[PDB]
Structures are given as C-alpha cells and as structure tokens.
Protein chains: 2
Amino acid sequence: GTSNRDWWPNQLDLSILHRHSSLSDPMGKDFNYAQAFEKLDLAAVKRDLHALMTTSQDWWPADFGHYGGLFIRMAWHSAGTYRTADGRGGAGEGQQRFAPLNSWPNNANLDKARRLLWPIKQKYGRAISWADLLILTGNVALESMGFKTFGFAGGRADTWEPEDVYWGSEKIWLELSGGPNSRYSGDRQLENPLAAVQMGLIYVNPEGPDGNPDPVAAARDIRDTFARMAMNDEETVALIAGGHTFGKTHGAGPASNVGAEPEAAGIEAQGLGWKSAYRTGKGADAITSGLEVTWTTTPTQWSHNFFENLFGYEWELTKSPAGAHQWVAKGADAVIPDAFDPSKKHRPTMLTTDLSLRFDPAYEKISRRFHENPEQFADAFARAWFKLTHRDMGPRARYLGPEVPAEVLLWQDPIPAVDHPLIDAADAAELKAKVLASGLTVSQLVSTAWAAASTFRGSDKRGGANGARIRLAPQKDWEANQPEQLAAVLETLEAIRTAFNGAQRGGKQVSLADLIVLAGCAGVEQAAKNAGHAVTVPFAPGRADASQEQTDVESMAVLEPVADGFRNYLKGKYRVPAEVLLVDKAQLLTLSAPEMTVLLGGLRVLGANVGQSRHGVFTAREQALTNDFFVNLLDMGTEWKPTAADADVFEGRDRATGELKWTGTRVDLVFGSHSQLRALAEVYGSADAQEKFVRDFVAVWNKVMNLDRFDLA
Amino acid sequence: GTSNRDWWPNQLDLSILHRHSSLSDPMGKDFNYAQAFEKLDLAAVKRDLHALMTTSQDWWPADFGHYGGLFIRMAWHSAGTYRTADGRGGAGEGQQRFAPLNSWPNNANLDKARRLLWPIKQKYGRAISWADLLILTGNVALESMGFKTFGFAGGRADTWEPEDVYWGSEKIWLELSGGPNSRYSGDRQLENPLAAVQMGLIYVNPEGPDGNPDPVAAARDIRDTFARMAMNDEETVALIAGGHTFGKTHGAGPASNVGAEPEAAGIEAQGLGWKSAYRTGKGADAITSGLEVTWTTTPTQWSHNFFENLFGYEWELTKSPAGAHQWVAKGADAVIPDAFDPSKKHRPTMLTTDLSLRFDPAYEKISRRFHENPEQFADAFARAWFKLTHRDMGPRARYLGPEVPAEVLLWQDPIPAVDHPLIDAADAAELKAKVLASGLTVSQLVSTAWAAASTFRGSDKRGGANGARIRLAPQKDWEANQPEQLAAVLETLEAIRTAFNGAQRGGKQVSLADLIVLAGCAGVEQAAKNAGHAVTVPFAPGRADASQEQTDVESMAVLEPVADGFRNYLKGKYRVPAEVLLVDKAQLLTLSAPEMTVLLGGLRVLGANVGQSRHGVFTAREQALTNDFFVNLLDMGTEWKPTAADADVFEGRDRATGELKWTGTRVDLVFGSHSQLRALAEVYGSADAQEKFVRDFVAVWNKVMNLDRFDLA
Ligand code: HEM
Ligand code: HEM
Ligand SMILES: NNC(=O)c1ccncc1
Ligand SMILES: [Cl-]
Ligand SMILES: [Cl-]
Ligand code: NA
Ligand code: NA
C-alpha cells in the first residue's frame, strides 16, 4: 500500500510527537510504576537472577555453565546506544526489546538472553519493568562472579512502542563508511548526533575501522564514539577491560550459516532470530559476531587476567573460523578453558579493539596503572558501569529502591537538598507583584524563564530550570540566551530575592531557580492582562540552586540549543531544514503538535525571539497574549515570497497593494503550509478561540516550567 | 533517516490502531462537537455561504461570476472517495483537507475552494466542522443556483490527522492498468476494497478506460465504481447528469504548465498547489483536469439542458487545448456562454463519460426517462445527492440540526423507535438466569453476541447488534455466523423472549436485539464464574428489532466478515496476510492494540472460534475466562513449526519430547512474534495479571456490544 511517506518522502513527520499515547499502553491510566517497584521484593528478584546464572537451557546452552557474560553484554548493549548529542538511546526505556534495536546485528543473540529472563519477568509482573530488569540482570551477573557493583536504582518505566530515533541514513546494515549515505566526512568526522561508526553497531567495529585491523586507528574510533556516549579515557578503558574480563565471543563457523534477524524471521520463531544452520546452531557451535575470542583463564570470575594477558604476551593477527580478523598470543600455552569440553584449552586471544588499550599511548598509561593496581581498575569499572547504566535516568529524585548509591556524582547535574520552608501562595503573589514593579518587561521575563526551563530533554531527562544553572557557566554565555540581556535580568531578580529573603523569619527563603520561573509566570500573567484578560499561571516552588562547583561545564555543552524554533533561533546553517529541527525540539520537550503550535504562537507575540527579531511577530500588540500569530498567519489577504538575500526568510505583502506587512522564517510559515499544522493553527486562529488560546498557552507554559520536577512526582 | 518501515517493509503496522489519540487532537478531551453544532446559527452560516457564491477573489476568479459549480465538485469529491467494501473514505471525517486526498490529481484546485471557505470557518469556529462545512457549501451552491435539496444533517466531527487507508499499491499517480502494481486483473476486475480505476481518481477516467475514448466501455467502469460506492444505475445517472448541469471543466493550456500538488509545493504556497505558468494561471486560463467542456447554456442555473444536449446532438471526438479527448456537438451553433468574456460563445461539449449515459443501453433508458420527465430527474438527483453526502454518517441518531429529512430511507439501515418501557436491572438479572438455565453454553452465548455486535465498522458507522439483523437475511446465512448453531440459539432466545414479554404488565417488552447482547453478557459472567471470579458485565438496554423489509440484503453483503481473526476465521485464501487482516478488523472495530490483544485472548478460551476449531485454544479449561491464552502462548517450553499440509497452520510441540501440545494460525502466533504485540501479551500473561485480564476483557467486550449505540450518546 502506497503511503503519504512514499509520495512526499521529505514532508515533516508529526507522528513522532504523538507516540506513547494512552491508546498503545496496556496499563491503566492510573498505573504508577514507581509505586509498583517500591513494593517489589528486590532481594527475591536478585536471588532468582543469581540462580538463573547457572541454570542452562538446552535451546541456548550457557558457556562455561554460566550466563553471566551474556547478560553483561546484554546490559551493556541496552545502555550502549546512548548519545550525549541528543540524549536519545540508552537503557532507560527498555527499547532493546523493540525494533530496530532488537534486530541490530551487534545485538545478535541478545534475543536469547531476553528470553531467558521471561520466567522472572512473568513471576514479578508489573513490579519490575523490562528496562529495570535488563540492567539489574547485568548487576547480578557481575555480583555472582565476584565483582562488587557501585549500586543500582530502579524506576525505568517500560515503554510500549519503538522510539523515533535518527540512527543514520544508510540503507544497508553495517555499511562501511564512504557510501552514498556515509555518516563520515572530512578527516573521519562522524555526523552529529550519531555515536557509532556503522549502522547497527553500538560503538565501533571489533575488527578495526571499516574492518582494517589496526589497533592504533581503532583507538581513535573508540575514543570518539565513547566520548559521544559521555565517557572519557579512564572510563572507556575501565569499561572495555572490565567487560572483557568475562565470557567469550562466538564465531564457530561461517556467518552465512546465520539466518534472519528477529524482525525478519518467520512467525514460528516467536520473536527470536539469527537461527544458525552451523552444526547444533548454539552452544559450542554458536555464531554471534563471527569472532572467536575468550579473554581470560577464568571467564566466569572477576580477575585481573585481562590486563595480565594484554601486557604479558605479544599478539599475532589471525582469523576466526568465520574469517574475521582477531589476535592470538604468540608462543603461549593453552591456558584458556573451553566453554563446553573440559578436556580442551586454548591460547589467549584478543580483539583489535582490545589491543587498542595497549597500543594507543594515552590508553596504555591508564591500562598500565590498572594492571599494576587492580583495585583502582575495580573501582573505576564499578563507577563507570553505574554511570553507563544510569546515564539517562535523570535527576536522582527518580532513583528508586534500597541499592541507590549515596555518593552524589558530578555527572548527575546534582541539585542540593532543600532544607527550609517554601514560599506559599501569598508569598508567590507578593513576589510576582515585586517582579512586575521592578520594570522588567514581559519580553524579558518570558524570555529568561523560557531560556532556563527549555534546556530539558525527555530523552535522558537532563536540563530544565531546577538548579538555576542559567546563571552559571556555560549557560549564562550561550548565544541563544542573550548573555548581556540575561545578566541584567538576573541582577534585578537577585536583588528582589535578597530583599525578600532578608525580610523573612523562620528560615523561609526562595531560591533563584524558583524566582526565575515565578518571574516568567508574572510575565505571562501581565501579557494576559495586557490583552484584557485576568489569569493566574500555576507555580510550584521547591527548586534549588546548584553551584558552579556542582556543574560540569563540558557535559553541559550538549544541552546548548543551537536550533530553537520557539525563539526563532538557528546558530548556524544546517543541512536539516529548520522546521524539522523545530519538531525535534518539540519531541525533546515532550510536546504534542497542538502543544508545540500553541506555545510557539504565544511566544512569538510575547517577545521571546532572540535579538528581538521581528520574524513571525505577527501582531501590532507585542507583549499582549493574543492569538494574533494565527489570525495574521492565516489571512489570505497576505501573499508570501522568499527574499532574494535569504531563501529561508519570507516577506508577507498585502496581495492587493504590495505593501510589506511581515517577515517570517520557515519555522513561522510551516504553520501555514503543513496540512496538519495548518489545521491546528486554524483552531487557534478562529473567532471563538481567544479564551482557548490563553488557557492552552498557560497550560503548556506550566508544563515546560515543570519538566524536570521529579521531586513533585 | 532509515526507519523500521524501510528495514522490514512487510512487518505489521500497529500505528493505524493508535491514530487519533488525545495527543494529536487540539480540542479538550471533553469537547463534544454535537453540542457545539446544536448551538450554531445554521441559518446565519447559510446566508454567509450564499454571499460567498458570487464574491469573486482575484487569486482564483469565479467562473461566470459564481463559485457554485466549483463548490458542488468540491462536495462531490469529499463524499466520492467512499468504498462500500470497508466503509472507508467519504465526507464524514473531512479528510479532503489532509494528505493524500488534498493532493490527489482529481482534487486539483479544490485547495482553492477550501481556502475560499476559511473566512466562514474562522467566523463560526468549533461550532461547524470542516467536514460539515464542505457538504453544507455544496448544498448552498445547489440552492443558490435554483435546485431544492432534500435536506442536510450536521454532526461530522473533524479529525486531525490523515486516516490510514489502502488506496492502492501503485507508485505512480494515475498509472494506467496492467502495471507492476495493477489494481486490475482478469476481465477488468477491480481489486477489493478499491473503488476507483486509477490512483488519484475519485471513480473513473473522464477520457475513458485507461484513456481510451469509448463511451460504452467507460460505462462499464462507471457502473462498477459507482456500485462500489453504494450507487445503482438510477442514482448514478441522476448524480452525473445532475452534477454536470452546472459549471465547467478547466483545460485552457497544456498540463505541463501546472506545478507541484499541495503536499509537494514550497512553504511560500501556504497550503495551496498546482500553480500554473499558463497565461494568468487562473480564471479564463485555468487548468484543472485538462479537459475544456461546458455542458449547458446556463451553467449557474439548474436547467434541463444537460439531457437536451446529450440527446439533441450527435457527437464528434475532438481534443482539448491540453490534448485530452472530449466531444463536440456536430453542426451546433455557439450557444454555450463563456465563463469570462461576454463576447464569446461555444458549441456544446461532453465528456466520454457523459456520453456513457446515452450509449450504454441500460443508462440510455434512464436518461431518456429523465429527459422526458424532468421532475423525476430532479427528485432522483436530490435523493441521490443526500445519500452520496450522508452515506457514511451512520444511524439517523447521529443526524443533527433543523434540516434533517423526516423520511426514513432504506439505505440508512433504519432501526424502529422504541415506544415502550425498557427492562430494568431486576429484569436483566431474571433474563440472564433464564438464559443460563436454558442449557445454552458459554461458547454459544459468546459466539452469538460476538457475531451480532462485531459487524460494526467505525469507517461508515454501519453494522452492530442494534436491529437484531443477525436473525434476518443475509446475516443469518453467513458462514462465519455458523448458521445451524445460530438458528438453534436464536430459537431458544426467542422462546425466552416470548415468555418474558407475555408475562409483562404495561407495555414493557425486551427486544431480541437486547436479549442477544444480554445473553452474551450472561455467557461472559458464567465464564468468569467457571474461573472462580465474581464478575458483573455492564449491559445497556434499548436496542430495537428491525424488519427484513428494513434490511437491504444486497447492501448488507459488504458487512460479511470474510476474515475475522477474533473467531480465527478466514473464508478463503487471500493475498494479504491474515494478521494484517486482523489489524484491519480491529481498526474498523475502533480497538487499540491492547484492546485487540485482550479481546482475542479471551475469545479463544471462551469458545468463540468458528467450527469449534482448536487453533489458538491454548487452555485446558475452555469456557472459563482466564489468561491461559497468554501464559501458554509465551511458554518457551513449546516450539512452533508450520505444518507440511498447510504453511499457515502451526504446531506447538514440547521442546524436550516432541509431543504435540497445540495448533495455531498466523493470527494466533503473531501475538508471540510481533515485538509490540508480544510485549502486550507479556503483560496479560504475567503472574499478577489474572484480575487485570478479566477486568480489561469485560471492558472491551462491553465496548464492542455498544459500538452502534448512538441512541445513548
Ligand atoms: C570497543 C568497545 C567494545 C567492542 C568493540 C566490543 C566487542 C565485543 C564483541 C565483538 C563481542 C562478542 C559478541 C559475540 O560474538 O558473542 C563482545 C562480547 C562481550 N562484550 Fe564487548 N565490546 C566492547 C565493549 C564492551 C563493554 C563496554 C562491555 C561491558 C562493560 C562489554 C562486555 C562484553 C562481554 C561481557 C562480552 C561477552 C559475551 C558473552 O560471554 O556471551 N564489551 N564484545
Ligand atoms: C463518472 C463520474 C464523473 C466524472 C468522470 C466526472 C468528471 C469531471 C471532470 C473531469 C470535471 C472537470 C474538473 C475541472 O477540470 O475543473 C468535472 C467537473 C464537475 N463535476 Fe464531474 N464527474 C463525474 C461525476 C460527478 C458527480 C457525481 C458530480 C456531482 C453530483 C459532479 C459534479 C461536477 C461539477 C459541478 C463540475 C464542475 C466544476 C466547476 O464548475 O469548477 N461530477 N467532473
Ligand atoms: N480508515 N478509517 C477507519 O477505518 C475508521 C474510522 C473511524 N473509526 C473506525 C474505523
Ligand atoms: Cl530513544
Ligand atoms: Cl477514511
Ligand atoms: Na535516552
Ligand atoms: Na468512511
């Protein structure tokens, strides 16, 4: 059946905004996963998982009699899709069980690992999500094999459909770079927001870059991709050597024996894939990656034998039984046990990417320190494994259960505890009146609160107004945030704050984070009053102020808005059209298409544009909250044409006289072009819509202000 | 950006079940369009529409100074997409304003027509939907030009995203037959469910079949496509000759002058398309179809001149200025006015498909009767226009406003009014006990109620249990309904009814329609008791019994379920896989994926399969309401393989012994294969889910029982 996507393959796709409706969710509207999890007997779950580790099933026999390595790989892959550029991927939604990730080639035979967990999932039901269970299972694997983990938090609610994520433009699985849809350009520059080297890989190619078995060059890909997953050199070496302390790879015969991935398999395979024609198709005969490497002399026990081997031998290039490049220890004895035959032993082997840890000079120094000091290795690996598996969980307030680590980590963008009474409704009214009396304008107040709150992204639940990090480096100097204007607003608000807090007794105080949001609320109320309408904008106090020392400036860089259609802002010229970047931002903000539309039309008339640009300011009463954006956009009395100077800016002229009325960008005019967005604009641009527009705007404004408020959940 | 659809283009699409969520709808979840419409000043809207008819806009000047013809075509096209096979298409959701229909070649320049209506839409806002407005505008065009319509009903709620409809598999607009994706096979057999001859046409090609200008062969396409839109010969002749009493076609220059359709046009086009480079691109120079035909001497006034011309001249094949085949009257004077230049007149002209009305022998007889008896033509056209524009609105209970025709029409599948007290809760308890005492089984009761209620489709709101049409021809004879078993259940229910009704005082009586549904509820209650659960199933009385004479047997044929996965039924072997047909049925039933899943799993264990087939009956306690289907489907102890005899039947064997445990179809096993379906199955097959399963099943069962109950809206 030919679809709209077939006919108009470049039109904008709004369905990414309308995933995760209550229609597709089997749980009731009132289901609360946190409440279910908090009553889970987590210790009982862990005992069952511990038993599972050595209870082999004949349809996928356990290597060495222990599933621990398989499950560590499973949990690593669950977390390993994460990209810092947009926060998408990661373990936090349990997306490994859906397309496409369930069928990525790098996830081969993890379908078996997930199937092994069904009995436990079935026993505990809604009290433990798949998302939490995948990570917990990796922790229990580690613990069962003698490794002390740093901790665990539950709270990853399950999702019920695939996320819409850009994973690359290639049309062939694992396509080597330089094809018509190459994700590389220039001197091996990987396109943002991607964090893997080939379509269907987690980070890098275990043979080397595009299959070339050079550990030094592989190291460059490792470093780049791991940085794009928020890991530095120390963390990267800890993770790779830690993981590859356990288990083995699978490449017992040629890869042509392996059939369809799960999404392509027959209905009779019942959700499994990669069925192999090679001998028994499993166990001793398994083929997963096509490599055949077992790293340590005790693959089911924590050790420091990975580094002992890495440094204690020299390495020779060889081929697996599937023909993949890998390495074997020169002159070594057969000291590595076989996974099924207790009469057989093997020489030590390594991947190209394992040898990167010795032959890249910066890695080598870390690896040597870990080799000489395995206690340092263990601690770094535990910390990095926690970070890996929790990176997308959001604020520590979301962390559930009895194993949450008490240590507060810089990468968590921590928010201090509140230790004092909060302002009440009367205090909030007093503060709003003081803000408005200071002379701060509607545009200032709205723009500042928008800047503070709209860094949130639901993909990894980073950002938002909590913390008042807009006053700190680097947010205070982001171009989109208008640094000089921002500085002036913050100085005025801080003076109001100081005066209010100095007059209190009893320890009541207001944070700057709360006052920035409250001041924005005052701006929206005043805009409504300018339009002839009395409204109260909801406000919830309880945000706290983070310090500079509690803020990782490098990690905060990825939250810079380089495109923010809600402020008609584009930092430079991109290949992706601006309207597509608007929809991407709306998806990060968790907005529906109606929410996006209302919010944008209101912001335009409130003065939220960066640089006080007139683009899209389709009103003669700026700083009044009206539906003028929609009424004027949809007026057929105005004709629109791209300018000569800039094809992405349009002039709106009176159709009869030629008089110039307005200018607008693609982000403005898409609302009058796209047939679904125009239908939404029409509702808000109708003669009966003033009250609806104001109410819906206040609601979406309050939603955005509260995106990071997991303390109120 | 490569998507799951790209990688696995044949996997099932569940997003069709989760369209139209509260996320994409700008209106609040309590918005009730009927209540808004009932307060509309319809008379005021009609005055504005009358004014609009002759208020020409320079960007699309009105032919003859009157937009009536353009608007009649607009309304006809809104309605004209309807297919009786599935009830999809039609005017009832206002889908002409979305992709793909906004951009079908046959809808060229209807974008202008809709844009002319924006000021009225804006003025009245939510109180008149686009869907209602497009039809009302057609009516007012007719009335303005002297034709008295049969009536009008409001109540078509707007929709907010494109419907997922199979419109064909061709990848080229307007592709002629016999291509790689031909919609024709054999002796010009059009594939079900399609009702147009080429992709992007409403019914037929105005030049003739595949462009061949043979009026006799064109007639055959007209007859077939119109029958597939619920119209017979008399209705067809009336509609075509009635329509083409008005207005003109547009083909002033070559089609190559016409640019991108709306969904392909630039953002500056602001939702319009088909911009033409030919002369002024509009008005006298307009190009729409490429034909240049004006049918009558008074194109802006109702006349009897269509049939005067058709019969009063002989016709000669000629070409328009765009090169399209059309016909001109031999020897005629220039009697037809020009649309813009009062100094120009034209000879009479006709389309190939207009000539069909004279040269097809069956149409000729009707045409001649209408020519000789113009009052019969007027009445038939009025009735056919009403039917055309209301065919998909459902029961008369949905019809709103002061212009609804009193006359009840056979095509409305009318239900008699209820004129007596209804049964109360005490009576329902008594009837359910009598039903269960009669010896009717859970399987019989559930199967019968399912058969009765599940004929509903939300696409045109036909079918459902109201009317008790399951007892009439042709429903009583449908194979899926198990005619012999059905007859025995109905006989027993009618005897219960007769005895109950005979004992009543006052006018109280129960309809068979109600008793069928109530008896099914008793079956479900009994099944729940069989499983140790105390469950009350909701029941709403007030259905009435329709007569045979109120039940058009030929129109009912399209409701026959030839595939019903909920009863594991397939009447024959089809090209579309059975699980795709299941999702299609769920969509017509208005079910989400969780609802479909719960419903199907319950029906399997209640004995609802046609012929008491064991396929998918994954329980050892049939006729008990349990979640056994899910728990057994998901048991990895069982391995599945297609049978030798039949690749669409699967055998489930114990993995360890090889012993046969179950058999199932594609419809059964898809719930264990599709990664989103299996996630839903997992919820219901978990150890904590028995009560959830029962309560969700009762809810969806009741939903299906009430689907046609617009008397309770
Ligand atoms: C440069 C990064 C990495 C590369 C190229 C890589 C590559 C691979 C490959 C090719 C396999 C074999 C798959 C199969 O044939 O079964 C594998 C297995 C494994 N990887 Fe890694 N890996 C990397 C990082 C990691 C990390 C960060 C961890 C966890 C902290 C991890 C833990 C494991 C474990 C436990 C296995 C063994 C699976 C088993 O016993 O079934 N890997 N890796
Ligand atoms: C066999 C079925 C039909 C065919 C092939 C057909 C074909 C066409 C074509 C080619 C045009 C010219 C479009 C353009 O160039 O502007 C047209 C115009 C029109 N059709 Fe039909 N038509 C059919 C049935 C109907 C019906 C059922 C109605 C309404 C009851 C109708 C009402 C009109 C009107 C009013 C116009 C004039 C539009 C104008 O004045 O702008 N047609 N038709
Ligand atoms: N394509 N549209 C339908 O199938 C439909 C629409 C509304 N309710 C049920 C089904
Ligand atoms: Cl994601
Ligand atoms: Cl439809
Ligand atoms: Na994420
Ligand atoms: Na329909």
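Chain A corresponds to the first sequence line; subsequent lines are lettered B, C, and so forth. Residue numbering for chain A follows the PDB entry, covering 36-748 in order. Following the PDB entry, chain B shows residues 36-748, kept in their order. Technique stated in the header: X-ray crystallography, 1.7 Å. Hydrogens, waters and symmetry mates play no part in the numbers below; they use all other heavy atoms, side chains included. One-based numbering, in listed order, for ligands and for the atoms of each.
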Drug or candidate at ligand 3 from isoniazid, phosphonoformic acid, oxipurinol, alafosfalin, iobenguane: isoniazid
Which protein or nucleic acid chain has the most heavy atoms near isoniazid, under its name in the PDB entry? Catalase-peroxidase
Which other chains sit close to isoniazid, with any heavy atom less than 4.0 Å away? B
Those atoms of isoniazid less than 4.0 Å from some heavy atom in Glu128(B): 6 (C), 7 (C)
Help me out - which other ligands and ions lie under 4.0 Å from isoniazid? ligand 5 (chloride ion)
Using a 4.0 Å cut-off to any heavy atom of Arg123(B), which atoms of isoniazid qualify? 1 (N), 2 (N), 3 (C), 4 (O)
Region of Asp199(B) engaging isoniazid - heavy atom pairs below 4.0 Å: backbone
May I ask you to list the atoms of isoniazid that are less than 4.0 angstrom from any heavy atom of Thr625(B)? 8 (N), 9 (C)
Relative to the heavy atoms of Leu623(B), which atoms of isoniazid are at a distance of less than 4.0 Å? 4 (O), 9 (C), 10 (C)
Atom 4 (O) of isoniazid - nearest protein heavy atom and its distance: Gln622(B) NE2, 2.0 Å
Which residues from the surrounding chains have any heavy atom less than 4.0 Å away from isoniazid? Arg123(B), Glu128(B), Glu198(B), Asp199(B), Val200(B), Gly493(B), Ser494(B), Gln622(B), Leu623(B), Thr625(B)
